[PDB]
Amino acid sequence: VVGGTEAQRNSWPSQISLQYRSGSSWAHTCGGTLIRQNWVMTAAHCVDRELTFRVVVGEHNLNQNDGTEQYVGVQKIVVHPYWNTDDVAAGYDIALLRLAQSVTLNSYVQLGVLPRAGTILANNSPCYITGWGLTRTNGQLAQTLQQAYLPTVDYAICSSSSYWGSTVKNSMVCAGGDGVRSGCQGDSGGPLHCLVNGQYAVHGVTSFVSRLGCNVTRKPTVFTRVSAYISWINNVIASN
Ligand SMILES: *[C@@](O)(c1nnc(C(C)(C)C)o1)[C@@H](NC(=O)Cn1c(-c2ccccc2)ncc(N)c1=O)C(C)C
């Protein structure tokens, strides 16, 4: 997250860190959202590689024992049937991970609430992106969970020429684009929390940014619109 601030320890309990084993250690690669005690929602492009993954919940500082972490393995990965490797502009950038074990819920580990199917947010809706991603373009990962106020940019504006044009689809959500704050490498697969009716719900799964850089003016961070896949999500968990 570029232009963010450190999130409080118990602010975003649904956030998880998706890690893969590199050598004899584990390294954070993407974010994700806990939606069931044994199911995690993330980006398809995060699990496109033939790597061994693990999930960490109750995580705050990547390199320090917080005394709240739970480490669980991934037992099954379900990518959207229409997902096309490396083709993030086509959409369908979403995947579900079935955990090897059910995690324990407490003040640091909670399920993120999903929006009702078809829900679209008004322009400039208050949202927050969270993650341990790069704090600067071509910089380095954050040590502690970061958060940044990222207001939505409706489809009409985001799909305009001065913005993303045809690259963005209606199955996506645009947030930010002020040139100061944004998502960045390592935030992928994570949640976009938006305030709706006094409650925070996960309306997006972080997908991509401009090839030019993370925080580019008029190039908001793009997310998969969660509300467009509620039926798919329910179908997967129900038969797995
Ligand atoms: C997303 O954070 C993410 N996913 N993988 C990674 C690495 C491996 C840590 C860099 O970071 C990142 N978004 C993207 O990387 C999306 N992206 C791609 C792309 C496509 C397929 C697989 C990986 C990456 N390609 C081009 C551009 N412009 C992208 O943003 C953050 C959300 C910024």
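The chain is numbered in sequence order, starting from 1. Both counts, for ligands and for their atoms, begin at 1 and track the order of listing. Below, all heavy atoms of this structure are taken into account, side chains as well, without hydrogens, waters or symmetry copies. Recorded method is X-ray crystallography, 1.9 Å.
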Exercise. How do the PDB entries name the drug found at ligand 1?
Worked result: ONO-6818 (bound form)
Exercise. Which chain contacts ONO-6818 (bound form, ligand 1) the most here, in the terms used by UniProt?
Worked result: Chymotrypsin-like elastase family member 1
Exercise. Which residues make up the contact shell of ONO-6818 (bound form, ligand 1) at 4.0 Å, heavy atoms only?
Worked result: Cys30, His45, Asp86, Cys184, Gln185, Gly186, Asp187, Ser188, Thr206, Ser207, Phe208, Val209, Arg211
Exercise. Most contacts to ONO-6818 (bound form, ligand 1) come from which UniProt domain of chain A?
Worked result: Peptidase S1
For this session: Taking atom 20 (C) of ONO-6818 (bound form, ligand 1) as the reference point, report whether a protein heavy atom occurs under 4.0 Å from it.
Result: no
Exercise. Within a distance of under 4.0 Å, is there any protein heavy atom near atom 8 (C) of ONO-6818 (bound form, ligand 1)?
Worked result: no
For this session: List the covalent partner residue and atom for ONO-6818 (bound form, ligand 1); answer none if no such bond is modeled.
Result: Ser188 OG
Exercise. For atom 2 (O) of ONO-6818 (bound form, ligand 1), which protein heavy atom lies nearest, and how many Å away is it?
Worked result: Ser188 OG, 2.0 Å
Exercise. Atom 14 (C) of ONO-6818 (bound form, ligand 1): which protein heavy atom is closest, and how many Å away?
Worked result: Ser207 O, 3.6 Å
For this session: Return the residue and heavy-atom distance (to 1 Å) for the UniProt active-site residue of chain A nearest to ONO-6818 (bound form, ligand 1).
Result: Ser188, 1 Å
Exercise. Under 4.0 Å from atom 33 (C) of ONO-6818 (bound form, ligand 1), is there any protein heavy atom?
Worked result: yes
Problem set entry | Nearest-neighbour protein heavy atom for atom 11 (O) of ONO-6818 (bound form, ligand 1), which is reported as residue plus atom name and distance | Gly186 N, 3.6 Å
For this session: Specify the protein heavy atom at minimum distance from atom 10 (C) of ONO-6818 (bound form, ligand 1): its residue, its atom name, and the distance to 0.1 Å.
Result: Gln185 CG, 3.5 Å
For this session: Write out the residue and atom name of the closest protein heavy atom to atom 18 (C) of ONO-6818 (bound form, ligand 1), then the distance separating them to 0.1 Å.
Result: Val88 CG1, 4.9 Å
Exercise. For atom 29 (C) of ONO-6818 (bound form, ligand 1), which protein heavy atom lies nearest, and how many Å away is it?
Worked result: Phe208 CB, 3.7 Å
Exercise. For atom 25 (N) of ONO-6818 (bound form, ligand 1), is some protein heavy-atom partner under 4.0 Å away?
Worked result: no
Problem set entry | atom 27 (C) of ONO-6818 (bound form, ligand 1): the protein heavy-atom neighbour that sits closest, reported with distance to 0.1 Å | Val209 O, 3.9 Å
